[PDB]
Each structure stands twice: as structure tokens, then as C-alpha cells.
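Drug zopolrestat bound to macromolecule Aldose reductase.
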Amino acid sequence: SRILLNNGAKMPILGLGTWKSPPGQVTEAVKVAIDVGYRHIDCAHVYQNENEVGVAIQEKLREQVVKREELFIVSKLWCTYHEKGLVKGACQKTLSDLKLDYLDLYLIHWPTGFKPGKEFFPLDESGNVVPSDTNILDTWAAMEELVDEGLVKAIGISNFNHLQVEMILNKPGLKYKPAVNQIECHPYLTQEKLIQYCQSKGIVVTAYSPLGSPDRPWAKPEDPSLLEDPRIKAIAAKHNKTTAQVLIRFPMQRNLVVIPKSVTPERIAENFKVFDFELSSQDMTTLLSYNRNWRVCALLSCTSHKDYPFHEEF
Ligand SMILES: NC(=O)c1ccc[n+]([C@@H]2O[C@H](COP(=O)([O-])OP(=O)(O)OC[C@H]3O[C@@H](n4cnc5c(N)ncnc54)[C@H](OP(=O)(O)O)[C@@H]3O)[C@@H](O)[C@H]2O)c1
Ligand SMILES: O=C(O)Cc1nn(Cc2nc3cc(C(F)(F)F)ccc3s2)c(=O)c2ccccc12
């Protein structure tokens, strides 16, 4: 149930997502999740709930439900902290909230640096994001130092397109290769090109929004719902599983890590029950065949950043 990273650590292939989990509900959600078997939690500073996630983690270690070494805890460096001089601080405030003394994995959350400040999305009066000078090679070096200092066991990247992943891999003096690239991926955005690139380079891919992020604040009525796709429902029924379990099992069979979010205990538990069945080889190609190149996770105010990752094909 885990995948070996290029740092020699093992990463559970199922993790719990925490974006949009309300601060008042995520502590119990992570407690239920660890009680039912999750050992990987996907966090971020920008999700504004790391303190409450960390309460849950701490209580389960105190309770001795689990050992720290059995947990795989991931967090991410927000965009307003790309400056070489800010990265360690940002890591330590995540560690502080999570009540941890190290992370298993720490990602550059997006390849785009924003102006530092306490606003997460600094905009100009016309609504464009205000970039920071910073480039991802100096940000990367700063991430490497977090390894050297023992704050993080592994480092990786998120939302990097293949030319940006290649930028890091061709970095002069590269000390630690990225271990993971965490990207949007589901039957409507199957990412074959970028996943093959990354796997070819020994970089593990984590699939985010594997259910389509139906709770994304900017969803519109017109938008498709993977959970309600009759095709996927038929595959589900054939296996006597739910559509969600199918959507979760699908990336697992492509040698991906997948991190479905829920704050509903019954769904946390259901979503983990995906080790007891297999999708067939044909199921898998059929699922891939639903690609629409429909991306749900992005932001118009950032399209003009020099490092906006989605103008490129992949
Ligand atoms: N690196 C990045 O840039 C990035 C971007 C996006 C997401 N992520 C990570 O990926 C995680 C997952 O992506 P996501 O939150 O965007 O969306 P998702 O996991 O694709 O969708 C979560 C939505 O599905 C619902 N849901 C969960 N299990 C269900 C089930 N069994 N049946 C029916 N509905 C179910 C959840 O409802 P309830 O919660 O109400 O039960 C919630 O509304 C995030 O939380 C975050 O950790 C990272
Ligand atoms: O970030 C998450 O985990 C979820 C996430 N996604 N988005 C959509 C985004 N689209 C982006 C595009 C770029 C870009 F790189 F393209 F410029 C940079 C930054 C972003 S944020 C949000 O606006 C957001 C806001 C609060 C908390 C989480 C998120």
C-alpha cells in the first residue's frame, strides 16, 4: 500500500485531503481517518487549518493509535514565501501548527512566486496577481536546505509543467531531486503526457482532486460532475463499489498516489476501502478515454505570471 520514493522513503498511496475542510470539523475528520487506516495526510499552510489538523495528529500519537514513523505527513510552501530567505520560516510555522518536528514531504505548492505579505493572493488594483521576482531554482535550493537541516525528509513540487520539472532536473548543482510532483488528475484530466514524463524521471505523481473537487468554491452549475457520470457509475456498479472508490482506485492503478478529501466520516471510511478490489485493464483504458482536458484547479488572476504553468501543452 505504499510507493518507494527516490529518497528511499515509502509513501502510502492513499492520503486524506484537507483543502476546504472547515477548521471546526477537520480535527475529527483526521481522527476518524487515522482510526480507519489512513497514514498520509495532505496539508497546506494556505488551507488555513493546519493547527486543527495537527491537533488530531497529536492526539492520535498521544493515544498511541499510531507512531510518528508510521505517518506520512505532507505540507506545501505557499506562493508568497518563495524568497530564499522566507522558506524556512514558512516550514517552521507549518511544523508548529501541525505539532510535528519534521515533515515527510514538503512541496513547492505552485511554481509561481507572489509578493510577500500576509495576503495569500496579493493583487494590484486591476486584479492581477503581484508576482515576486524569485525563480524556482533559487526556491529549490532553499527547499534543499530544509533537508540538510532535518526539517523535512523529502521535498517535491506541485503544479509544475514538464518544462518546469525539467528546469529543476537540469539545475546546476542539483542536490536533491524532487520526489513528487502533485498535480490535478481525474478521468476528465488524465495527464498522460506529464505523468509519463515524471515517471520516466523517477518522480512519483500524486493525483489531486481525483473526485473533481465538486466543492471548489468557483464551481458553476454548467460544470460536469465525475461523481454523476453514468459511464463511471456503470463501472462502479460492475464491481459493487461506489463511483468514488472507482475514481480513487483508478490513479492507484497508474502507480499514482491519490488524496481524496472528505470531512464526512462515512465517506472517509468508504474512500479507504479500495484495497479489496481491482479495476480491470480494460476498465482502465475506458476511464482514460474520458479525458476532456478539463482543468478545474487554476485562477484567472494568475494567468499572466511569467511562471503560470498551464499555457504549455503539458
Ligand atoms: N497541490 C495543489 O495545488 C492542490 C489543489 C487541489 C487539491 N489539492 C489536495 O487534494 C485534495 C483533494 O482534492 P479536492 O479537495 O480539490 O477535491 P476531491 O477530493 O476531488 O473532492 C472532494 C469533494 O468530494 C466529496 N466527497 C468525498 N468523498 C466522497 C464520496 N465517497 N462520495 C461522494 N462525495 C465525496 C467531498 O465531500 P465532503 O467533504 O463534504 O464529504 C468534497 O465535496 C485536497 O483537499 C488537497 O489536499 C492540492
Ligand atoms: O492551491 C491549492 O491547493 C488549492 C487552491 N487552489 N486555488 C486555485 C488556484 N489556482 C492557482 C494557480 C496558480 C498559478 F500557478 F497558475 F499561477 C497559482 C496559485 C493558484 S491557487 C485557490 O484559489 C485556492 C485558494 C485557497 C486555498 C486553496 C486553493
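The numbering of chain A matches the PDB entry: 2-315, in order. Quick note: numbers below take in every heavy atom, side chains included, and nothing from hydrogens, waters or symmetry partners. Atoms within each ligand, like the ligands themselves, are counted from 1 in listed order.
- Copies included, the model assigns zopolrestat to ligand 2.
- In this structure, atom 24 (C) of zopolrestat (ligand 2) lies nearest to the protein heavy atom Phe122 CZ, 4.1 Å.
- In this structure, of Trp111, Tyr48, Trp79, the residue bringing a heavy atom nearest to atom 20 (C) of zopolrestat (ligand 2) is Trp111.
- Of the protein's heavy atoms, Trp219 CH2, 3.5 Å lies nearest to atom 7 (N) of zopolrestat (ligand 2).
- Atom 27 (C) of zopolrestat (ligand 2) has as its closest protein heavy atom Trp20 NE1, 3.3 Å.
- Zopolrestat (ligand 2) lies less than 4.0 angstrom from a heavy atom belonging to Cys298.
- Proximity to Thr113 (heavy-atom distance under 4.0 Å) selects the following atoms of zopolrestat (ligand 2): 14 (C), 15 (F), 17 (F), 18 (C).
- The nearest protein atom to atom 16 (F) of zopolrestat (ligand 2), hydrogens excluded, is given as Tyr309 CD1, 2.9 Å; this is a heavy-atom distance.
- In this structure, atom 2 (C) of zopolrestat (ligand 2) lies nearest to the protein heavy atom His110 NE2, 3.2 Å.
- The residue from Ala299, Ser302, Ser159, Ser305 that puts a heavy atom closest to atom 10 (N) of zopolrestat (ligand 2) is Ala299.
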Considering only N or O atoms, set out every pair between zopolrestat (ligand 2) and the protein closer than 3.5 Å, with distances to one decimal place.
unit_1                 : atom_1 : unit_2 : atom_2 : d
zopolrestat (ligand 2) : 1 (O)  : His110 : NE2    : 3.1
zopolrestat (ligand 2) : 1 (O)  : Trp111 : NE1    : 2.9
zopolrestat (ligand 2) : 3 (O)  : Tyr48  : OH     : 2.7
zopolrestat (ligand 2) : 3 (O)  : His110 : NE2    : 2.6
zopolrestat (ligand 2) : 10 (N) : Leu300 : N      : 3.4

